[PDB]
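Worksheet: the structure to be examined is printed underneath.
A note on names: the letters A, B, ... follow the listed sequences, proteins ahead of strands, and every chain is numbered from 1. Header says: electron microscopy, 3.1 Å. For the numbers below, each heavy atom of this structure counts, side chains included, while hydrogens, waters and symmetry mates do not. First listed ligand is number 1; within each ligand, the first listed atom is number 1.
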Amino acid sequence: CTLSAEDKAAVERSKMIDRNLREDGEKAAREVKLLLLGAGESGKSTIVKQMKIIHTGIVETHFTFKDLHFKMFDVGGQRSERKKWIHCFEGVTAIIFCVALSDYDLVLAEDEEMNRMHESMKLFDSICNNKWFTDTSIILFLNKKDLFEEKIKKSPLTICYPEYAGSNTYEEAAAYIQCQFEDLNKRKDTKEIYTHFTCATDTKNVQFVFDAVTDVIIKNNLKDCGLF
Amino acid sequence: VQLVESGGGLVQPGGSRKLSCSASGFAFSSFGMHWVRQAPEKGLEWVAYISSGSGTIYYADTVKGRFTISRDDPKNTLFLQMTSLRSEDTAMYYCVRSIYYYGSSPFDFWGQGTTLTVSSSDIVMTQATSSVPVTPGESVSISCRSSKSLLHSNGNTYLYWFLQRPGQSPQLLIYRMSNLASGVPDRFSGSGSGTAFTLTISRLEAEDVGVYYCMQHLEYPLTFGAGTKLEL
Amino acid sequence: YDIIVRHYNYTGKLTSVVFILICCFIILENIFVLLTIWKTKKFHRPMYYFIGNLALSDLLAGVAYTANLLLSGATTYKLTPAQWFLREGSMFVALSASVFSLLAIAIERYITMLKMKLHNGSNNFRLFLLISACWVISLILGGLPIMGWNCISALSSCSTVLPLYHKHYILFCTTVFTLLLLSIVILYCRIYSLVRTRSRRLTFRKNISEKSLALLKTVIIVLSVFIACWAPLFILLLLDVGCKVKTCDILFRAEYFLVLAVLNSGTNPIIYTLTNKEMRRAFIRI
Amino acid sequence: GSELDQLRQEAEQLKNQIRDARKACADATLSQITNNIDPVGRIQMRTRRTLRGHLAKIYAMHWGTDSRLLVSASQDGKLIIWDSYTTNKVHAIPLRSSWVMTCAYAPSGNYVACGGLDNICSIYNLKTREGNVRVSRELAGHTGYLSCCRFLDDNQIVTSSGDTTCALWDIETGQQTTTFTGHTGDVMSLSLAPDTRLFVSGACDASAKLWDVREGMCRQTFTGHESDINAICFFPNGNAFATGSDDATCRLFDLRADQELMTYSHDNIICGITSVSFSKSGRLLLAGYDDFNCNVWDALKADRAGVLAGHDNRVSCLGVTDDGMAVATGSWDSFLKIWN
Amino acid sequence: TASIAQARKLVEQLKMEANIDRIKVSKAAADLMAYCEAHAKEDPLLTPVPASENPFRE
Ligand SMILES: CCc1cc(-c2noc(-c3cc(OC)nc(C4CCCC4)c3)n2)cc(C)c1OC[C@@H](O)CO
Ligand SMILES: CCCCCCCCCCCCCCCC(=O)O
Ligand SMILES: CCCCCCCCCCCCCCCC(=O)O
Ligand SMILES: CCCCCCCCCCCCCCCC(=O)O
Ligand SMILES: CCCCCCCCCCCCCCCC(=O)O
């Protein structure tokens, strides 16, 4: 109509650009994005290494399992304030958390009265009760268990937790630590916390992550169509 | 950037071969391609054009419904097919690329071209003169008159200008009014009003001599000029 | 005007303030539910548009029923047969639009639950197609009796519970409603079995069942409210084809049978709002 | 121990002397002087274009020099270059890492930079001989995340990272030339001078400092905010700047007189400020609040004169064009709007 | 020790900053007001312009 000869060609370019954007927008919307967090010596490297790999600042890891594309964001090199760059991770499926069971008799560096287990508990309390992560579930991983066995067989657990009535065995100590990490969850009606103990078998951890992601997807689909 | 063509020779009227050219050195998947026929010792005219992605295909009124054209993104090759032949189709064919967006310069690079011999309303653009003798280092003004006001409601005209070097393909100088293309010197300059257009050259050397052609782009039936030759 | 009195004499037809009251209450509740969706910008996904369409169809059903109740009386004898057909056609298109919008809601739910699309973004083509299809099918079903099966030529072929309507049209509507109810039950049973079978076998090991138990309750509530409130009218329209004329008593007092069918449409928004927590909180805010 | 103590008390005495020198130069406020002028009644702005096409949050945008083209960065990994007049798109530059928090447009219209969370400023070329866009340079010398970057020239670019430092780069060589240090908190906003000689940076601890690009030293520092700084923009004259914040307060400082002039606070706003920009003549101070709408705060009257409430989610970036013909606001709902 | 160096650096920076010139607030406010009133004609934000010249017409 009122458009000139070569102006109509510029409009066709915009339509092709929009089509290419919509094509790539439907490919990145069918892959699961999940953030990985943890303390300094929480064994995040061992967790990200034991899983299968297909792939300074943020480090992205891509891997596939049972026809699902997972993305692993490892924000560990960001020494800046976490409050400033935490709102860009608002849209995320799960939040992997890594804590060490054997890291309860080892105090912080350049310090003697602060315990690293309490620091990990405080970080988990700050992450789970954040105002952005109010609907995203949390997958929790207990990294070391055999070292925790060898450490608790000789050293009592009352050193870290001054309230403890059970015996110095791992079967109830693991449940106590898990229940203590479960209580730091104020949003009890909008998110869940899946607990798993990291084992030497590499397939079991990936299977647990896949199961948790599938349950989160089912819950989101149920909440989507107003059926739950 | 390189454009070579093949598929030309001596053919009989009624049937011919296919004109194919290969593109290598740029993103061929996002460029609209044209075809320009240059008759022997005569003027050049437009043939066909394909949009990016083979969306819109158009032909000239002379060969409307008589040619078959298509692209090929995977191998970056453009094909042109002849159905019926005449005694005037003997000419030199050129395949030139073009991209259309805000601030772009269409058909900046033409190519080389191939030859073809045969054995036996629309905007009219005219030139001021045909050939004029000129001495080196003299400011010359080449004027091309149009039969319709090329000034659009947007505010920019659509009169392109390109110089033909004797022995090779032409090259663009200014695309809308005066904006010089990339690689041309600052001596060339353009100006116009909407109906009468002129081109002024400050310094004239022995390296810039040939035939000047003026082309419109407002109305889609692209039409070139007769051609102004410069004699040293 | 002679056909009306003749058919009413050959057929045998020669507390309403509370029905208009419950109808006005239905209209008010439904327009409130509709303005709840319309005002809030969050409820703009293709899913809530189906509930908005259901509310729009329920509003038309309530308006048509109160208009039929106001028109029913002594004025129906001198009322022209054209308006007589148009009123029943409006009632029928309203009820058919309600049932077909419920079926479209169930279809969209089954589709969104069959494949884990993982994002609420969906094409509006299916939404528009389903809405237009249900509306035009309801309109055709309401307007068909005017073209054919008018009983103007016949004498005993048309129905006893309401004259000028052939047995064939009543039976056709009966089979249509039976097919729609069967499809609804099948779709909900499948949308439950899928979630029940996917949760137990593929997500076996979690140290987090509860999801399935909560669901089955919603499905059984929806089905038990839909089927129980549409059984009397179905039985009445199925007995009317078999019960002979001049000898049938129950068809005379057939007002309550339609009252239940209209009350179901009015109580549907209660179920479709109290089920989801988001819509309930949004209604509480307003 | 004693040396540290005497150094601390000397620093405190110098700070007190600076405070007294700043207090002595104050005689009349801005409100008392600008009290005999006619204030603007209402500024009614209606949206003209709705540039849609993004599929995630929008974190930054910049207007071109020709006042016609604008580039916007989003989380899905795209750097679309829009056309303000006809709504068409010109380019759809993809990104390596889909975590971007800044973007810039060169004053010559050739290059486009876009940093992000990967603490790397990628510079793209738009006038290549081919038909695509290439990464001309990839600057990587920052430890903390990159926050904002503006083109000082066609060959020099200055960046403000999250590791309490700002640096000036050289696109030709690839290494930084001058490193500006002195901030204690995270630097997350800066703006260049009209003559491109000085620039200020907004830290994350209630502080704003003025730097010179030649000497690479801190000339003045400005305090007075409560929470932190979140956005800064210069005055068109070049001797003032407005700093946003998180405690619903944006103030106007001065360069020749290093003292706060006027604050723009209201009892109805309790939410932060994401973007601040002036007008063509420095009379309207548009501010983008994170309560889903903007404000048109006056400059010389400290009163509200309009609300651009046509957005769904928090606005994160907005800028007035060069010739002052229109404004553009980009929010987290993947929708840009051109008001006028 | 290592904080003595940064302490001396901060002291030197404060001493260098304290030697800057200061201008009365009245002069700066008057200059800002004069600049804002002089360029008030070429500001299409607060000054309404007819739709015949707005490139963003609708
Ligand atoms: C005999 C009772 C009666 C039914 C209907 C009716 N109007 O519509 C339906 C209907 C029933 C039904 O079966 C449950 N199914 C449908 C369709 C079928 C497909 C989807 C919805 C419609 N009944 C209308 C009137 C005026 C009526 O008598 C009113 C008395 O005052 C007469 O004196
Ligand atoms: C509105 C009620 C009547 C509906 C009549 C048509 C029946 C449904 C047809 C479309 C069903 C969906 C088809 C597959 C779509 C998909 O997989 O995306
Ligand atoms: C007049 C009666 C009409 C009845 C129409 C019933 C339509 C039922 C459709 C059920 C299947 C829905 C589409 C599923 C397609 C798939 O994803 O495999
Ligand atoms: C109250 C009367 C209802 C009459 C109709 C009831 C029909 C029930 C049919 C249930 C079919 C269940 C299909 C399960 C499919 C699967 O195994 O995945
Ligand atoms: C009087 C109202 C009766 C309503 C009856 C509704 C029946 C609901 C059935 C619940 C879902 C059962 C799914 C079983 C699937 C299977 O066994 O394969």
Worksheet item: For ligand 1 in this structure, which bound macromolecule has the most atom pairs within 4.5 Å, going by the PDB entry?
Response: Sphingosine 1-phosphate receptor 1
Worksheet item: What drug or investigational compound is present at ligand 1?
Response: cenerimod
Practice prompt. Provide the letters of the other chains having heavy-atom distances to cenerimod under 4.0 Å.
Written response: C
Worksheet item: Which chain residues come within 4.0 Å of cenerimod, judged by heavy atoms?
Response: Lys13(C), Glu88(C), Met91(C), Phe92(C), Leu95(C), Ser96(C), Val99(C), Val161(C), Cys173(C), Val176(C), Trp230(C), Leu233(C), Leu237(C)
Worksheet item: Taking a cut-off of 4.0 Å, which other ligands or ions approach cenerimod?
Response: none
Item to complete: Check the entry and give the organism for chain C.
Response: Homo sapiens
